Enquirer: 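Drug: (S)-(-)-nicotine | Macromolecule: Palmitoleoyl-protein carboxylesterase NOTUM.
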Amino acid sequence: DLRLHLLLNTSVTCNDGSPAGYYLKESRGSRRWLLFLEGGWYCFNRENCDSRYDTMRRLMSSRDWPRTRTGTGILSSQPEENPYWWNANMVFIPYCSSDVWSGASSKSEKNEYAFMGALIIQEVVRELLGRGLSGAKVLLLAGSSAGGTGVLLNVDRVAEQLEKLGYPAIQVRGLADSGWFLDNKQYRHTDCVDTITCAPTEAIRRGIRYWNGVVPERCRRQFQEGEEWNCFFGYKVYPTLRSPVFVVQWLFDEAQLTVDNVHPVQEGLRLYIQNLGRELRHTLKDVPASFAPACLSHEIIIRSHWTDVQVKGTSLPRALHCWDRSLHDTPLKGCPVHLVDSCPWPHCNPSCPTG
Ligand SMILES: *[C@@H]1O[C@H](CO)[C@@H](O)[C@H](O)[C@H]1NC(C)=O
Ligand SMILES: CN1CCC[C@H]1c1cccnc1
């Protein structure tokens, strides 16, 4: 099991001012550390944050968190469930900032909610340095859905943080699961009359202002003031990243359909789905390490059945293992790192998750 630690710096808080924290399972004699960012949408104004606080409160507060958590999938310590990194030090960072891990704005007389996701990550890293992370060889910052996009937004800041603190030996890497989305499937990109039908790019624009959100510096310098929302989209922020990042992305992500307002399928829907898979495949063509199955699904890496999905005969744990080998101080025979399905329809891959 992973054991809860609430941050000693109680000024780095969840949305409601309760302390943020992390679940930790130490593995003495391992110099590999996996920090997993939980996902779970976001809120972007007072009214829909209030709604989230009423019926999704564990995503906004630590008050009701359990003392322990069971590590599953890539967080499992059993080699059967986790052929990749079962012996690693395991950290699960709960998502309680509702800001796609981008916020740097505390509560006050003007802010009723605190949005500190980017600061929570930095504070967890700081505390872990005193619990063995100072001796690490690899820190893998992983995450699913909003946590996957969180990886893209934060992996280079963790690398810079560890360099400035005097730990240049730790190799910081990223693993972004279901965090890679397209912004091009919209009739209107700026209308936001209600929360549910708000355009995805407009929701992010509003969120960034509400959260005092921060994006990676090289990406921010490209798109400049007011256009930081661009850096939430993988194909725009990825080329600016210096840290190695492995991208896990279903070709037909259920959250992509949701932000596109897409729910016997006829020609219009068939063309949308087939074009979506082709466009996602195209955006991944120059990502060196990726795993992108032709499935309609959402998230994978902390699901116990993540061992079972295969692309071109290679499982996700094996792909990550080959990625590890590729980064040890020319492709590898029988150990591929770039695995993107070419077939054009959900479940054309027979290993897709069911239900
Ligand atoms: C707590 O975190 C805040 C935000 O990063 C920082 O400004 C402050 O110096 C920290 N204080 C301590 C005691 O760690
Ligand atoms: C960051 N989120 C994860 C799942 C969907 C993604 C997203 C991207 C852009 C606008 N809203 C949500």
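Residues take their numbers from the sequence shown, with the count starting at 1. Whatever order the structure lists ligands and atoms in, that order sets their numbers, starting from 1. Per deposition record, X-ray crystallography, 1.7 Å. Side-chain atoms are counted along with the backbone in the values below, which use heavy atoms only and exclude waters and symmetry mates.
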Enquirer: List the ligands or chains that belong to (S)-(-)-nicotine, copies included.
Expert: ligand 2
Enquirer: In the PDB record, what organism appears as the source of chain A?
Expert: Homo sapiens
Enquirer: Which of the atoms in (S)-(-)-nicotine, numbered in the order shown and given with their element, are less than 4.0 Å from a heavy-atom of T149?
Expert: 1 (C)
Enquirer: Which (S)-(-)-nicotine atoms are under 4.0 Å away from a heavy-atom of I204?
Expert: 9 (C), 10 (C)
Enquirer: Using a strict cut-off of 4.0 Å, indicate which atoms of (S)-(-)-nicotine neighbour a heavy atom of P200.
Expert: 10 (C)
Enquirer: Please determine whether any non-hydrogen atom of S145 lies less than 4.0 Å from an atom of (S)-(-)-nicotine.
Expert: yes
Enquirer: Between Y42 and (S)-(-)-nicotine, does any nitrogen or oxygen pair lie at a separation below 3.5 Å?
Expert: yes
Enquirer: What protein heavy atom is closest to atom 9 (C) of (S)-(-)-nicotine, reported as residue, atom name and distance in Å?
Expert: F233 CZ, 3.7 Å
Enquirer: Within a distance under 4.0 Å of any heavy atom of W41, pick out the atoms of (S)-(-)-nicotine and give their elements.
Expert: 12 (C)
Enquirer: Among the residues UniProt annotates as active site in chain A, which one lies closest to (S)-(-)-nicotine, and what is the minimum heavy-atom distance to the nearest 1 Å?
Expert: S145, 4 Å
Enquirer: Tell me, please: is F181 in heavy-atom contact with (S)-(-)-nicotine, that is, under 4.0 Å?
Expert: yes
Enquirer: At under 4.0 Å between heavy atoms, is it the side chain or the backbone of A146 that contacts (S)-(-)-nicotine, or both, or neither?
Expert: backbone
Enquirer: State which residues lie within 4.0 Å of (S)-(-)-nicotine, judged on heavy atoms.
Expert: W41, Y42, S145, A146, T149, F181, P200, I204, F233, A255
Enquirer: Show me the short polar-atom pairs for (S)-(-)-nicotine: any N or O of it lying under 3.5 Å from a protein N or O, with distances only.
Expert:
unit_1	atom_1	unit_2	atom_2	d
(S)-(-)-nicotine	11 (N)	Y42	OH	2.9

